[PDB]
Amino acid sequence: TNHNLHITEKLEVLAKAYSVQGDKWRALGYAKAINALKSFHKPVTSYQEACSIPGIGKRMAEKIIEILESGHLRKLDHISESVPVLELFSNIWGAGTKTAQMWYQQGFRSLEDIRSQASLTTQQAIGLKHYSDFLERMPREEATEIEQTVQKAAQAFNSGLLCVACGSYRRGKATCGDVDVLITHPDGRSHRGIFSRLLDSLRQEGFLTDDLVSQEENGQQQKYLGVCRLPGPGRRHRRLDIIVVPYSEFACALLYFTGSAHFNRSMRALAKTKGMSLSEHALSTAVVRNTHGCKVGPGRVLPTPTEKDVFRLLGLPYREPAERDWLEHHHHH
DNA sequence: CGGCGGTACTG
DNA sequence: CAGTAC
DNA sequence: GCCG
Ligand SMILES: Nc1nc(=O)n([C@@H]2CS[C@H](COP(=O)(O)OP(=O)(O)OP(=O)(O)O)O2)cc1F
Ligand SMILES: [Ca+2]
Ligand SMILES: [Ca+2]
Ligand SMILES: [Ca+2]
Ligand SMILES: [Ca+2]
Ligand SMILES: [Ca+2]
Ligand SMILES: [Ca+2]
Ligand SMILES: [Ca+2]
């Protein structure tokens with residue numbers, strides 16, 4: 001299936017390195033190049049053939065060929081030494097490249113330097129203490145019980161609540177980095193005020209152990225990012241994301257929350273090429289205009305009762321969640 | 001060359 | 001606003 | 001990094 005496996009691995013390493021150093025557009029370019037190589041019907045055999053692939057240009061071709069001809073890749077040996085520390089610190093939830101760079105510049109190089117001397121935000125403290133647990137992907141079966149726990153707690157308040165696990169789970173993966181639960185109610189109204197009760201119920205049984213992003217001052221709270229742990233001996237703490245949306249938003253919210261991230265970006269960039277805007281709330285025939293410039297013209301939602309509607313309105317055929325790794329990847333079936 | 005998804009918290 | 005996240 |  002992947003005919004250029006030897007080449008992708010090396011480019012990933014390189015990609016990773018730009019990512020932790022904060023060079024994101026460059027990291028973006030690599031990611032796309034890499035998926036394109038993985039998609040290709042055959043080993044790449046010439047520079048020309050490589051350049052012909054969308055997402056692969058001159059610099060990437062040079063490296064691709066260099067690998068194929070000479071077998072390894074020079075540049076992997078000039079990767080700055082800070083990189084693995086930087087990846088280490090960016091693996092703390094709530095710490096990104098800026099924080100990892102600050103930490104590096106004040107001399108920390110291990111998790112101990114962080115624990116014992118770093119200034120940590122509230123979120124980082126939690127990410128640090130669950131560092132290992134949050135690094136481990138969970139099996140699909142743990143995700144199912146996490147989701148059921150949320151669904152039962154919800155359906156105890158209102159049995160008409162719809163709860164669905166999205167993310168990699170809904171794309172059919174075997175393991176999940178974190179569970180993503182989307183809650184709605186078909187009557188258009190009774191999704192309102194749910195979070196207060198749902199979080200309280202989930203806390204009482206001891207299932208939620210820490211909160212990361214949860215603005216509970218707001219009765220119209222839309223999201224919860226926190227930490228759960230299933231009951232029973234030896235269970236790990238897992239990342240849990242819950243969104244509560246109005247039914248009219250369901251299709252767009254389902255699409256967003258199913259992902260993948262690259263898939264959603266490409267869908268969104270497509271919508272904009274066609275004078276629309278795609279968000280987790282809606283698809284909108286929205287457009288700019290600002291007296292010698294551009295701006296906000298919030299341009300009215302197109303109703304999309306299902307995900308198929310969103311695909312149709314963008315000129316695309318429905319894509320099964322399992323085939324939503326990348327938009328530009330066409331699986332046959 | 002400039003743009004690269006669109007949005008929600010936290011501090 | 002900057003940082004980080006989804 | 002690549003693309004229009
Ligand atoms: N940057 C992102 N934009 C997105 O639109 N998403 C969307 C919203 S949540 C949905 C799933 O993303 P996750 O980050 O939980 O990633 P995942 O479920 O695909 O994979 P994993 O098993 O959780 O590692 O994708 C995620 C992003 F990280
Ligand atoms: Ca190309
Ligand atoms: Ca991080
Ligand atoms: Ca369910
Ligand atoms: Ca996930
Ligand atoms: Ca998630
Ligand atoms: Ca809070
Ligand atoms: Ca440039």
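Lettering of chains follows the sequences in order, A, B, ..., and the numbering in each one begins at 1. Ligands are counted one by one from 1 in listed order, and the atoms in each one are counted from 1 as well.
Going by UniProt, the chain with the most contacts to ligand 1 here is DNA polymerase lambda.
In this structure, the drug modeled at ligand 1 is FTC-TP. At a heavy-atom cut-off of 4.0 Å, the other chains in contact with FTC-TP are listed as A, B, C. On a distance-only criterion, A/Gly177 and FTC-TP share at least one N/O pair closer than 3.5 Å.
Using a non-hydrogen distance threshold of 4.0 Å, A/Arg265 does not register as a contact of FTC-TP.
Within a 4.0 Å radius of atom 3 (N) of FTC-TP, the protein contributes at least one heavy atom. Between FTC-TP and the UniProt Mn(2+)-binding residues of chain A, heavy-atom distances under 4.0 Å are seen for A/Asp178, A/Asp180.
Other ligands and ions closer than 4.0 Å to FTC-TP, given by number and name, are ligand 5 (calcium ion), ligand 6 (calcium ion).
When the heavy atoms of A/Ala261, A/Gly259, A/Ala174 are ranked by distance to atom 28 (F) of FTC-TP, first place goes to A/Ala261.
Near A/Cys176, meaning under 4.0 Å from any of its heavy atoms, are these atoms of FTC-TP: 22 (O). In terms of protein heavy atoms, atom 17 (P) of FTC-TP is closest to A/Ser168 N, 3.7 Å.
Among all non-hydrogen protein atoms, the one lying nearest atom 8 (C) of FTC-TP is A/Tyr256 O, 3.4 Å.
Restricting to residues UniProt lists as binding dCTP in chain A, the heavy-atom distances under 4.0 Å from FTC-TP involve A/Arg137, A/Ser168, A/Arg171, A/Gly177, A/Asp178, A/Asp180, A/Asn264.
Per-atom contact check: atom 12 (O) of FTC-TP does not touch the protein, criterion being a heavy-atom distance below 4.0 Å. Lab note: nearest UniProt active-site residue of chain A to FTC-TP, heavy atoms, 1 Å precision, A/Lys63, 25 Å.
The N/O atoms of A/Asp180, backbone and side chain alike, include one that comes under 3.5 Å of an N/O atom in FTC-TP.
Residue A/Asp178 touches FTC-TP through backbone and side chain together, judged by heavy-atom distances below 4.0 Å. The shell of residues lying under 4.0 angstrom from FTC-TP, judged by heavy atoms, includes A/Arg137.
Applying a cut-off of 4.0 Å to heavy atoms, one finds the binding site of FTC-TP to be A/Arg137, A/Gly167, A/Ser168, A/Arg171, A/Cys176, A/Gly177, A/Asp178, A/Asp180, A/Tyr256, A/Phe257, A/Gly259, A/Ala261, A/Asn264, B/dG5, C/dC6.
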